[PDB]
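Here, spironolactone is shown bound to Mineralocorticoid receptor.
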Amino acid sequence: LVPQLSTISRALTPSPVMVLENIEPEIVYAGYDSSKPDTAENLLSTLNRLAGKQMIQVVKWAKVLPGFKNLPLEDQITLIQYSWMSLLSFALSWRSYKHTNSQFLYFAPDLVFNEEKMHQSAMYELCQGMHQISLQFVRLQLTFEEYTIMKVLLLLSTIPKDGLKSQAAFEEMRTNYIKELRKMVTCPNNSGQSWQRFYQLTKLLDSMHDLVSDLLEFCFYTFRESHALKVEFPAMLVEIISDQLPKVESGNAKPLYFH
Amino acid sequence: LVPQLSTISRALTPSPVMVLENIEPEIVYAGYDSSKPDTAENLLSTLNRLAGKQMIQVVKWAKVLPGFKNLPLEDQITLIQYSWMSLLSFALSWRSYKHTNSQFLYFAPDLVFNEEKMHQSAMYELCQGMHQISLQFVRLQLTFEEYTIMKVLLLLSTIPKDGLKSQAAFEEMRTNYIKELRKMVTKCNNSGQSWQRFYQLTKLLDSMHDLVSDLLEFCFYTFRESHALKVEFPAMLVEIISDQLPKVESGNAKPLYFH
Ligand SMILES: CC(=O)S[C@@H]1CC2=CC(=O)CC[C@]2(C)[C@H]2CC[C@@]3(C)[C@@H](CC[C@@]34CCC(=O)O4)[C@H]12
Ligand SMILES: CC(=O)S[C@@H]1CC2=CC(=O)CC[C@]2(C)[C@H]2CC[C@@]3(C)[C@@H](CC[C@@]34CCC(=O)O4)[C@H]12
């Protein structure tokens, strides 16, 4: 009988972490036009346009993310919709860390926020919050490997209060990626140092919930008063926020914590 | 030829957790005499006598603890000497939890401390500290299985600053028992709840270091002034403290933390 299991294939397939590196989206440009006054209406509209372009790349990434296709299609869609802000804000801190040593907020190569832009955007306190996350990346010396696994965990960090179509399939993928992170933090065996770091990384993931809650509060507010505020949103964000706003505001979004 | 492998033996061998249950020491009596006044000198001397009897059982337990025999003998002796206070204080909170719902400190069947004895012992604050751990066992609904594994982790929680004869053998055993706790807190699937409990238990373990440091400070103090204070110590404790006092006080005891 022909062996159905292929030792060669299992040994040859890239590790999950290696696949994450391979499928990570290339950098996206904001299309920022410096001729426009740096007022909140203009800066915020630009950030919304950038967000739409980033999400187009996020969905392509999710399509080839190992294990994600094992979840019901409706759950894949649900998870992207509930995690979008966490994913984009986390990636913003990563780009800021890698490209500016966490000195500025690197939204895109053509849109880098310094203190002035943060004030002008009318969301200064929120910019400071994401900047703080960037500063923690330097203190922790976060690695790309760690970052990629953590971004998947954020995709799996908020679920509908009633649950997904397949909680078991979700739980399997989540436990698998948590395992990857645990192995990632372990040569020189030192359980103590390994657990201390694992703890630092899960505390940071947990801290994303409060930050994301505040970012969404601002997002939903500007969306609701888009006309009065003159803040424009691209189709992709109208699609996402139109779905998310009522679900989050009615208390249906359940955060998953490590601590 | 005669098969050297025994399928039967493999199948019948109990799990490590079952072995921990099987080797748990039987309860020890203090030999408390209520006819004598409850002065600090009498109460502390009785607790020291109890401690000696308890350590005799701890050494018998360590001899049959799975994996411990794999470490160099020098390291087995060292770990027992560095962890004695953590093991005895943790076991005290366990008995208090199981026998009095954490209302009192159950040192032994014949010596249960209520607030009055805590004051009379002249170590009131320290008693409150161990009492708080007892109270945490109720809040967390600690199980006997969780307790036996955590007790082994405490045995492996303090090492010489220099280092053990075999850090690799030590690390292997510590990792194996951490793995046991990890699997023990798994539910039937819910990583969120499973990690939250693992976090609660490791934070509890970490909290034992500060409590133990304070208990040891009091112990070393009473030990060096035993004559003036009229506090007696049995041979077993004179042996343990004579070894530990200078090592701990010179900064050679390195606590291992999860957080
Ligand atoms: C300073 C920021 O842009 S923070 C945050 C994360 C982020 C990082 C990127 O790299 C890409 C762009 C995004 C997704 C922002 C898009 C604009 C968001 C949704 C903002 C939080 C609140 C705001 C302001 C306008 C509005 O209506 O809602 C998003
Ligand atoms: C209230 C306590 O006894 S707390 C602590 C843990 C403990 C729990 C037991 O179940 C058995 C007995 C032990 C090991 C105590 C023995 C007495 C100790 C070492 C005390 C902390 C300080 C003191 C007072 C006298 C002295 O010289 O040092 C030990």
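The chain called A is the first sequence line; B is the second; the pattern continues. All chain A residue numbers match the PDB entry; in order, they span 723-908, 910-982. Numbering, chain B: per the PDB entry, residues 723-910, 912-982 in sequence. Determined by X-ray crystallography, 1.9 Å, according to the entry header. Read the numbers this way: they start at 1 and go in the same order the structure lists the ligands and their atoms.
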Give the letters of all other chains that come under 4.0 Å from spironolactone (ligand 1) at a heavy atom. A
For A:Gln776, the spironolactone (ligand 1) atoms whose distance to one of its heavy atoms is below 4.0 Å: 9 (C), 10 (O), 11 (C)
Tell me which UniProt domain of chain A holds most of the residues that touch spironolactone (ligand 1). NR LBD
Which residues, listed by UniProt as 21-hydroxyprogesterone-binding in chain A, lie less than 4.0 Å from spironolactone (ligand 1) by heavy-atom distance? A:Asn770, A:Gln776, A:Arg817, A:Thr945
Return the UniProt-listed progesterone-binding residues of chain A that have heavy atoms within 4.0 Å of spironolactone (ligand 1). A:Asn770, A:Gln776, A:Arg817, A:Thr945
Please confirm whether A:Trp806 comes within less than 3.5 Å of spironolactone (ligand 1) when only nitrogen or oxygen atoms on both sides are compared. no
Of the choices A:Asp937, A:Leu769, A:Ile964, which has the non-hydrogen atom that lies closest to atom 15 (C) of spironolactone (ligand 1)? A:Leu769
Would one find an N or O of A:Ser811, backbone or side chain, under 3.5 Å from an N or O of spironolactone (ligand 1)? no
Checking contacts here: is it the side chain or the backbone of A:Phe946 that comes within 4.0 Å of spironolactone (ligand 1), counting heavy atoms only? Could be both or neither. neither
Can you tell which of A:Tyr828, A:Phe829, A:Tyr944, A:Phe943 gets a heavy atom nearest to atom 3 (O) of spironolactone (ligand 1)? A:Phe829
Organism, chain A, PDB record: Homo sapiens
Distance filter under 4.0 Å to A:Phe956 heavy atoms, resulting spironolactone (ligand 1) atoms: 27 (O)
I'd like to know whether spironolactone (ligand 1) has A:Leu848 as a neighbour, heavy-atom separation below 4.0 Å. no
Check for me whether A:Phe835 has a heavy atom closer than 4.0 Å to any atom of spironolactone (ligand 1). no
Regarding atom 28 (O) of spironolactone (ligand 1): of the candidates A:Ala830, A:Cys942, A:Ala773, A:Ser767, which has the closest heavy atom? A:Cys942
Any heavy atom of A:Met852 closer to spironolactone (ligand 1) than 4.0 angstrom? yes
Using heavy atoms and a threshold below 4.0 Å, how should the contact between A:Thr945 and spironolactone (ligand 1) be classified: side chain, backbone, both, or neither? side chain
What is the residue list for the binding site of spironolactone (ligand 1), using non-hydrogen contacts under 4.0 Å? A:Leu766, A:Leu769, A:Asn770, A:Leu772, A:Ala773, A:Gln776, A:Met807, A:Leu810, A:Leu814, A:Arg817, A:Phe829, A:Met845, A:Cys849, A:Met852, A:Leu938, A:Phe941, A:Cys942, A:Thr945, A:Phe956
